[PDB]
J.: 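Below is one structure. I have some questions about it.
Going down the sequence lines, the chains are called A, B, C, and so on. Chain A is numbered as in the PDB entry; the shown residues are, in order, 1-429. Going by the PDB entry, the residues shown for chain B are 1-99, 112-120, 128-139, 145-149, 182-364, 372-380, listed in order. Note that chain C is numbered according to the PDB entry, with residues 1-438 shown in order. Here chain D follows the PDB entry for its numbers: 4-26, 42-72, in order, are the residues you see. Method reported for this entry: X-ray crystallography, 2.7 Å. The displayed model is a subset of the deposited entry, and contacts were enumerated within the subset. Atoms within each ligand, like the ligands themselves, are counted from 1 in listed order. The basis for the numbers below is simple: all heavy atoms, side chains too, and nothing from hydrogens, waters or symmetry mates.
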Amino acid sequence: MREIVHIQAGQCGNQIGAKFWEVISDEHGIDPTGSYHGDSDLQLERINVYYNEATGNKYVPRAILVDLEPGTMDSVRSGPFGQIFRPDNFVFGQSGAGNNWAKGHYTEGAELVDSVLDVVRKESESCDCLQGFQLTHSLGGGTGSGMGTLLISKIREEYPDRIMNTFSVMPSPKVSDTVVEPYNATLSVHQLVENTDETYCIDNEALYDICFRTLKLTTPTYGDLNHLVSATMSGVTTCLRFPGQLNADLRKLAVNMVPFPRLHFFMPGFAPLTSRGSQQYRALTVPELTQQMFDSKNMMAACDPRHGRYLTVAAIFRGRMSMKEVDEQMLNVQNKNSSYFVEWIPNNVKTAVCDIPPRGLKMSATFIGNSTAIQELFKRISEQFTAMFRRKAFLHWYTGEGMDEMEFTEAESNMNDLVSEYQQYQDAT
Amino acid sequence: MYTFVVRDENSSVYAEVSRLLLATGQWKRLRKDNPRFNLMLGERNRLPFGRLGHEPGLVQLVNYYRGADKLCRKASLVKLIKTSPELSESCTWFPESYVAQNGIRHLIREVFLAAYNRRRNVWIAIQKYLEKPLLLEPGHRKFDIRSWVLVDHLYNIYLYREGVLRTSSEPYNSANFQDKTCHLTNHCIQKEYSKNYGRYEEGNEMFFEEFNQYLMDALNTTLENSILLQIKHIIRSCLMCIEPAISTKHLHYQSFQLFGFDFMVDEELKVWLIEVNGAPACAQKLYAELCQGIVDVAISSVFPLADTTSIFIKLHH
Amino acid sequence: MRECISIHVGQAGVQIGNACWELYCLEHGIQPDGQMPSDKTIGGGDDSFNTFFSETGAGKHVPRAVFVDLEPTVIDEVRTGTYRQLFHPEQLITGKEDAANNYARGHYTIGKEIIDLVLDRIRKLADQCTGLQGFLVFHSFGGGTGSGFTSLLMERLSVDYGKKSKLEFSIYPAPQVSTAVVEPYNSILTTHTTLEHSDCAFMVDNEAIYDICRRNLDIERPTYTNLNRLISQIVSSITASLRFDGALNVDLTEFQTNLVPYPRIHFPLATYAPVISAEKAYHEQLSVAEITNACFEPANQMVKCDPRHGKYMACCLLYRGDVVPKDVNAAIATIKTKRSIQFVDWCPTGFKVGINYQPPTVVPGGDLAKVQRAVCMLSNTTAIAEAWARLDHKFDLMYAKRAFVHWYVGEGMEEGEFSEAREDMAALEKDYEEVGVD
Amino acid sequence: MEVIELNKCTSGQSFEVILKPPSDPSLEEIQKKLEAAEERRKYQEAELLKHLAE
Ligand SMILES: Nc1nc2c(ncn2[C@@H]2O[C@H](COP(=O)(O)OP(=O)(O)OP(=O)(O)O)[C@@H](O)[C@H]2O)c(=O)[nH]1
Ligand SMILES: Nc1nc2c(ncn2[C@@H]2O[C@H](COP(=O)(O)OP(=O)(O)O)[C@@H](O)[C@H]2O)c(=O)[nH]1
Ligand SMILES: COc1cc(C(=O)c2c(C)oc3c(O)c(OC)ccc23)cc(OC)c1OC
Ligand SMILES: [Ca+2]
Ligand SMILES: [Mg+2]
Ligand SMILES: [Mg+2]
């Protein structure tokens, strides 16, 4: 039970983070009180990865809740599983970040950062063999973007040999809070490129389109968006939370998925797409699960895989199913579409199977793709960035916090540098 | 959908097989170095047989037999016939051979001299041991017979019912060995040195209908009985001899191959084996028919298409 | 009586070691508590089974074995499983964090921290030996520990035990049931570093075992348990000459003498007898001729390759069951007439035959049926170089982009060790062509 | 084809049949390589910390 330390930062970070803890606590049989009332030993055999075994025979999430304003965190404590969390692990300021990356990274966030590291360090002390850290946050805001990346930077300083893993929600004008979101995202991507081992690119554009175009939800809330994120986060953490043949961990994930250190941004995808209300009763066949999971309509980053090629792929099937069928269907997709997989990485698709399905479904599959097509997301962000940066528009929000234009030009060019690296391997043969 | 790659860009017959497979709508061509193929149209040299048959979920087939070079190289064919008991020191249909034009002595080895020293004539190093070639007296000319043979993954021996006769254009002279044209019926030496390439038949290629008709009018025999029976034997003999060495019956990958057999028919209607070519070109008229036979027999048999006679003669065992 | 120490490194080595020692106990009549009622000399002895088992005053027969992994889960299953009492706890050595499928991390950063302790526990066994022969080392090519730590251990064994033989049982990576994308790198790195320290290495390609289980045991998706019980049957055949009374391959040095005429070409091909399903409701027992002919079918080899397109430098037939020399010779005469068996010409065309009258043993509730006669053929054929070509190609595909190389350079390796390793492999392939192709 | 070196015992037999006749670094060096890699590793770690320092 190599332990993971969880960190959620900002409105998005905590709301998505809270849903994650709701989903997995149900999977592991943990009620909001904190005690285990389930039916199988498999739920507990690897409970230490995400939970401390507190005194009194209770399980406490190894989670640190961080924000620069108290609003979203007070609502998490009021939430259905808000009790589950440790109260000392709530660390908040009161001035907010005003959707300003500079406020989170350099000023307001700087008052509060050491307060958070003290809690992170307390949780790592009691860890027998820490894997590393997983952070949930958005890149378009101020706290989870600006301070989340500052946290990442400080944690790398103190824990340079542990894995840094993030779930990073990318901004989209279709779900836009603010015009300066391309600024905040571009600055944070520069950080994630340097100081992260694995990032799941959760694009709100993709989340919106799935609710609109697929689940037939006409006006989708952040709730409907976060239902997709919570189901994905449960899927990609399946091999960490349940016994498998792989004995997977965060380092072996990075070793096998990241052929080049900077190219560590993954496209996630999920099983059948499901809305919160609709409980549809036909279980999927293994061909359907495989076809759907590689479908662009099931990706959580708004990119078409047929516009790039896969460097590496990790797929996780949940439920009782013939693993011969799983093997036959997965070899079918690679053999039938070999043009969309790089030929210079043999056996670059790894599939694992887990016999316990997620709640409400009897069959499921989670997709983790390292595709050069993710460059579409990054140059979409940088297009929105340059459109207002060539006029230096809204910069005063950031220069009033001490930043210079020069730092914007450097983050811009490093993300354009990121795009060029994905491009060189999409055409490499 | 099926899958194949091309690694011999100079093959005329597998360029056509490529066109046909694509035109079925059920075969797709990947880039050459993609390992996830069903069919490899491989190189003619240093083909990597050791990398075939190790892809999970793929049945892999290749248009070459590993080890067939021992029949298709001049030097090894002589050592194969002399060493295989199935063929023997006494093989009535292979010209006497021990280890570029022809003449008498002076080369250009111990055992060679003694046989040549047991004489109380002509040699080559289209062979000219047979100074009695057999004349095509509507011009008094020499020829050679090329039969194309296909051996599938089951090691059935399929002889294409259409063969070609590459002919010399001008009369044969028993003392003109420095003059290589009138009795070396290679096509490339016949378009350059020759005197009237193309008078008696087009392209110096007489097919079997015209030739069998000639045998009936001129010698009261047929091509089937006077020549092809012997040809069928020589093909059946050579390929059955090396079958334990090259068969892929119980292998992780499968092999087929199309061979070209060069024959020499002497004046007494006896057939001689000249050469076996492992990467043979084909006559232009017959390309469409033969390459369609390769697909039906060698490729579609392993990789069948959806549900919607024969141009080969099966040489049995 | 000259003792042999087995060393099992990484998951694949440990779990194959379990299946082997389980088989050894059944073949010698040793109980899971370590007692051996058939042994009437108590507290010690110099019997042939003592090559692999020491004896305690309490009558307990303990394997001369060391299990080492950089991570505790797999060896923890040994300490709790059926054979807890079989092993001294100090023989089961675990670290705290594995090599993360990374040769560099298994050989340098993590392995350097545990090499000294393993060597001492290894030496604690050697000091119990009156005449130590050498080591049998079980490991995977693909794992971070089985590749990186094994090579580190092999070097230090050569300095500390300079005059002792070292044989390998190596698991060659197959995508069918592999673990990591970088297994071609780890295989090439460990092979290059271990080549000059290994006297004889029996490679087992997981693809061959997997398909043998699919075809001959009718197991749809073979598990590691399925694979390891079959491998142990092959391993037991190879090592039976060490643990039973016999004249052939009695000591580790004789494996080199009989199988390895050139030190670098020391990868003999193993082909095994009949593999028959226990579930098969009616089976016809195969004669001596049928199982000996089966040794020349690629479907039964531990590595898929075509011996018809190489040359043999040595051939050993290891029989178990009802087999007499008359039948063996008759079967060899028949086979030579119909099969492509050609030796290098500086070697006599001949087979070395050993026969153990005890038929193969099968684990109760296993997948293999009880058979009346079996054989393991060890041939040293250049055809096994096909496996090196296969592996070296996958290495080349990834290294051309320097893909994943940063993970190794990040643990202290230089990029030059990659190309230094690949060049040794290229030289290995050239050697095989020199000996085997005209 | 002849049998050679036939040895019999109660456990089994063994023989040879011939069809046709024929026609390391020091402990000082291992320590050097292992520590040259720890220095190459500690250097890159120092580059990271000096970079995080700026
Ligand atoms: N035949 C067989 N192969 C195995 C077994 N376990 C793992 N392998 C193979 O070994 C390779 C992976 O190496 P492992 O032994 O699992 O890794 P390791 O030696 O424990 O080193 P780490 O990376 O630190 O875990 C893959 O190619 C697997 O197919 C086994 O029990 N039997
Ligand atoms: N998917 C999702 N996105 C969110 C949520 N809340 C905010 N966002 C996105 O995050 C960005 C705003 O960041 P926010 O988390 O509110 O900033 P912060 O509180 O200062 O860290 C915008 O692009 C929003 O679309 C949420 O609950 N779910
Ligand atoms: C942390 O989450 C995961 C880790 C691993 C993993 O540790 C890998 C191991 C042990 O070998 C691999 C591998 O070979 C890969 O090839 C693409 C990818 C990942 C791996 C595999 C996963 O899914 C298959 C995971 O997602 C749930
Ligand atoms: Ca005793
Ligand atoms: Mg907000
Ligand atoms: Mg391990």
J.: Can you help me out? I need the name, per the PDB entry, of the chain with the largest number of contacts to ligand 3.
T.: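 Greatest contact count: Tubulin beta chain.
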J.: How do PDB records name the drug found at ligand 3?
T.: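 Answer: BNC105.
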J.: List the other chains that have a heavy atom under 4.0 Å from BNC105.
T.: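 Other chains, by heavy atom: A, C.
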J.: I'd love a list of the residues lining BNC105 within 4.0 Å - heavy atoms, by chain and number.
T.: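 By heavy-atom distance, those would be A:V236, A:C239, A:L240, A:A248, A:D249, A:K252, A:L253, A:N256, A:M257, A:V313, A:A314, A:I316, A:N348, A:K350, A:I368, C:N101, C:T179, C:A180, C:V181.
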J.: For chain C, what name does the entry give?
T.: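 The PDB entry says Tubulin alpha-1B chain.
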